[PDB]
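See structure below.
Chains get letters A, B, ... in whatever order the sequence lines come in. Chain A residue numbers are taken from the PDB entry; in order, the displayed residues are 1-367. Numbering, chain B: per the PDB entry, residues 1-367 in sequence. Atom set for the values below is all heavy atoms of this structure, side chains included, hydrogens, waters and symmetry mates excluded. When a ligand or atom number is given, it counts from 1 through the structure's own listing order.
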There are 2 protein chains.
Amino acid sequence: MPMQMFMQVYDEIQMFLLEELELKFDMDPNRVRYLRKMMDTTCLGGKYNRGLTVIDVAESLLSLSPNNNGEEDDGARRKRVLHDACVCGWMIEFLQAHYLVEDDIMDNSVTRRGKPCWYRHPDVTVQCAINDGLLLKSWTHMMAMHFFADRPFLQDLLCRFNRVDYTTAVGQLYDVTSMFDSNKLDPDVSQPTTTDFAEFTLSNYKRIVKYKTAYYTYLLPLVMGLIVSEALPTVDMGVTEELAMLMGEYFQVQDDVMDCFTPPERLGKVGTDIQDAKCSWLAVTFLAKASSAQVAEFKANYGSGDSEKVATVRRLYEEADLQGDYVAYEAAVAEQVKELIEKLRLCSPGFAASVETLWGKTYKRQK
Amino acid sequence: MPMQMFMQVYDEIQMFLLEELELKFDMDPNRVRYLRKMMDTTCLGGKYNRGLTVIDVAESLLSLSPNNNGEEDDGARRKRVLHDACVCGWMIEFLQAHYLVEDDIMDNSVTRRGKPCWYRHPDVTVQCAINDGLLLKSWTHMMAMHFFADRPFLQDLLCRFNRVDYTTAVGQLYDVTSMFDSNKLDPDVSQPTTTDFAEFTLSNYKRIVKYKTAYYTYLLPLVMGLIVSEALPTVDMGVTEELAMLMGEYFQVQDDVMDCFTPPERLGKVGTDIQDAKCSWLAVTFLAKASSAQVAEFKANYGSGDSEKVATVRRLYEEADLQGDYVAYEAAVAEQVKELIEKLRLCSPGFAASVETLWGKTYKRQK
Ligand SMILES: O=P(O)(O)C(O)(Cc1cnc2ccccn12)P(=O)(O)O
Ligand SMILES: O=P(O)(O)C(O)(Cc1cnc2ccccn12)P(=O)(O)O
Ligand SMILES: [Mg+2]
Ligand SMILES: [Mg+2]
Ligand SMILES: [Mg+2]
Ligand SMILES: [Mg+2]
Ligand SMILES: [Mg+2]
Ligand SMILES: [Mg+2]
């Protein structure tokens, strides 16, 4: 049902944008075609994990103190909240859409969702792809304003949205600057490659992971479900914030691990985090426990497309039982996520349940 | 023809076991009369799909790419193999009768196959029923030793056969302990049913069905077929276990679904599973696609002798469009199962057609 609703509003959103563009922007049907296909391609074919969350949260806070006016329960709020909930859901989805479009270019990925990255479609330049990206972020604003201009929460909605928008970009700077020694970090300064791997620290890792994934993936969807429910003050931001960060860091680590050990047929993307010399969890988790010996062979094999290097990089990781360190991680995270969510239930049992469902879609995660 | 020879070997095996009981174990006619009825009630009625397959695997293999060691198309081996094939089929059919006599008590079911379960029989105490099940499994060994004495494969039949026997109890343990949190599994403290239903994952489902039903339903019949026609090396096992596993998961799922929706009439019993609150395919799939709100009510009702709460479960199953997922489940299996057969059909057509008739009698399961 929720995906039923959710998808109904997708079609609604797509129609407004596309039609707005042609009635008020002077756009030919051709380009509209392009934009219509761009949107579909980058915005559909996913989990709708973030989108679906906002809805579940919304519809879950609905029951308790349903806004509270003068009426003996009215299903006009139930309906007005889950349309809003749906729009916010899509605001999140177009937002990630934008970042993934820009990310693949950046990470130079060649595929995603079993299909080529947007910027790798035969009929798409990268120049156009970079702006298709911008377009996706702008869509989120046209749609928020188009459907929320009469909502008293619009100011708060969009302020929290853009902060998280900003937070994810900070995260991407941390991400993208994790291969070059900070002290050198200087535009005017000739291309410092990725010599020594200091700053490939768990400390350093947690921080890029937090801002680049946790917030737009776990905090933002919950927060936005609160807001369209007018139940934001209803809930402990501290606990909530603590779970999102937790859940959000465990989720990235997962894609970091799935990146190395899951088959692309399952994954979609062809794992290259190695080759890209990415600061993945395996990477930092390895170097902190790897003998002096082990750490050398890593340094000589990491960040390379050589068919015999990566494989060796998959060996040291195997060797070192990184595969085991994960499970331990996974369980610690699991313990605290459950202690945290319990603190929630007390005061916020309605809310606390949709976090659990969110935890349900994360714990599994094998894709 | 197959059912023909099949049914007279039952009378053979039964002729023998009972006389061996009367001549060798000091049994009185009163008890032989008991065991005899015990054997017919619990071993007859069904459709002998397991015990018939083995014979199809046997006839096919004795033909299409048959035994080199066999002579030049002469009716002396046909008798042995097809006979052996029958003995093997009653072994697996006796195997199931054991596991059903025990499961009914465990699962606590009122009828099976249109009749009351064995332990649900007037002069059958629950206490005698447990032993009866035990006997059922001893007979499998007795008939094997008797007929396959000379048989150069006897040790291979029995070893493998016992692997699968061991693989079903394991399965049985998986099923029977998915009602509670694995973390809190310790003989010394009270066993309270889980309220979060965390253990109901597709992945967890998958495993309790692989071991509990695929191996003896789909692999054992096959493998017996091969062994008796001394053709097992000739086939790609890896592909064979794939579809045994494929077809066996599907068969259970089918069971699981029939359990909730098939009329007890067509079905052949009352629908247990919700009351019993097991980890069936439905719950696991509902639970994974349903919302916080939906889940909470399901939670409220599921696993309770009480029609009104049972009807809800049923209600948010189909209103949760669970029959669409099934159909969509069927097709994927049918697709994938349809590729492996021709993968098997390559270096061993003969087996592949026999496997195709087992598929043939699985896809269209209307019983
Ligand atoms: O491409 P993926 O899915 O493998 C990847 O994990 C994507 C990802 C995570 N967080 C962000 C934030 C902005 C843009 C992309 N993001 P990563 O950052 O490793 O490329
Ligand atoms: O009672 P049924 O026939 O519906 C049931 O399907 C019984 C069943 C299936 N597979 C096994 C394996 C061992 C013992 C019993 N088994 P279930 O497991 O659903 O209880
Ligand atoms: Mg990337
Ligand atoms: Mg990246
Ligand atoms: Mg990644
Ligand atoms: Mg059972
Ligand atoms: Mg049962
Ligand atoms: Mg059943």
According to the PDB entry, what is the name of the macromolecule sharing the most 4.5 Å contacts with ligand 2?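 It sits in most contact with farnesyl pyrophosphate synthase.
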Which drug among minodronate, forodesine, oxymetazoline, faropenem occupies the position at ligand 2?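 The compound there is minodronate.
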Which other chains get a heavy atom nearer than 4.0 Å to minodronate (ligand 2)?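 Counting heavy atoms only, the chains are B.
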Proximity to minodronate (ligand 2) by part of B/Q252, non-hydrogen separation under 4.0 Å: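 Side chain only.
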Got an N/O contact under 3.5 Å between B/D103 and minodronate (ligand 2)?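 Yes, at least one N or O pair falls under 3.5 Å.
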Starting from atom 10 (N) of minodronate (ligand 2), locate the nearest protein heavy atom and write down its residue, its atom name and how far away it is, to 0.1 Å.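 Checking every protein heavy atom, the shortest distance to atom 10 (N) of minodronate (ligand 2) gives B/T213 OG1, 3.0 Å.
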Per-atom contacts of minodronate (ligand 2) with B/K212, taking only distances under 4.0 Å to non-hydrogen atoms: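 So the atoms of minodronate (ligand 2) that pass are 10 (N), 11 (C), 12 (C), 18 (O).
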Cut-off 4.0 Å: other ligands and ions near minodronate (ligand 2):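 Other ligands and ions within range: ligand 6 (magnesium ion), ligand 7 (magnesium ion), ligand 8 (magnesium ion).
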Give the numbers and elements of all minodronate (ligand 2) atoms closer than 4.0 Å to a heavy atom of B/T168.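 Close to B/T168: 12 (C), 13 (C).
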Touching minodronate (ligand 2) at all, B/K278? Heavy atoms, strictly under 4.0 Å?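 B/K278 does not count as a contact of minodronate (ligand 2) under the 4.0 Å cut-off.
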Taking N or O atoms only and a 3.5 Å limit, does B/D255 qualify as a polar contact for minodronate (ligand 2)?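 There is such a contact, yes.
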Looking only at protein heavy atoms, identify the closest one to atom 4 (O) of minodronate (ligand 2) and say how far it is in Å.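 Of the protein heavy atoms, B/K269 NZ, 3.4 Å lies nearest.
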Give the residue, atom name and distance (to 0.1 Å) of the protein heavy atom nearest atom 1 (O) of minodronate (ligand 2).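 Protein heavy atom at minimum distance: B/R112 NH2, 2.6 Å.
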What is the nearest protein non-hydrogen atom to atom 20 (O) of minodronate (ligand 2), stated with its residue, atom name and distance?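 Atom 20 (O) of minodronate (ligand 2) sits closest to the protein heavy atom B/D107 OD2, 2.1 Å.
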I need the residues around minodronate (ligand 2) for my notes - heavy atoms within 4.0 Å, please.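 By heavy-atom distance, those residues are B/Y99, B/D103, B/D107, B/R112, B/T168, B/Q172, B/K212, B/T213, B/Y216, B/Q252, B/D255, B/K269.
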In a simple table, one pair per line, please give the protein and minodronate (ligand 2) atom names for every N or O pair closer than 3.5 Å, along with the distance.
| from | atom 1 | to | atom 2 | distance (Å) |
| --- | --- | --- | --- | --- |
| minodronate (ligand 2) | 1 (O) | B/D103 | OD2 | 3.1 |
| minodronate (ligand 2) | 1 (O) | B/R112 | NH2 | 2.6 |
| minodronate (ligand 2) | 3 (O) | B/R112 | NH1 | 2.5 |
| minodronate (ligand 2) | 3 (O) | B/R112 | NH2 | 3.1 |
| minodronate (ligand 2) | 4 (O) | B/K269 | NZ | 3.4 |
| minodronate (ligand 2) | 6 (O) | B/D255 | OD2 | 3.2 |
| minodronate (ligand 2) | 10 (N) | B/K212 | O | 3.4 |
| minodronate (ligand 2) | 10 (N) | B/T213 | OG1 | 3.0 |
| minodronate (ligand 2) | 10 (N) | B/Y216 | OH | 3.4 |
| minodronate (ligand 2) | 18 (O) | B/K212 | NZ | 3.1 |
| minodronate (ligand 2) | 20 (O) | B/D103 | OD2 | 2.9 |
| minodronate (ligand 2) | 20 (O) | B/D107 | OD1 | 3.4 |
| minodronate (ligand 2) | 20 (O) | B/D107 | OD2 | 2.1 |

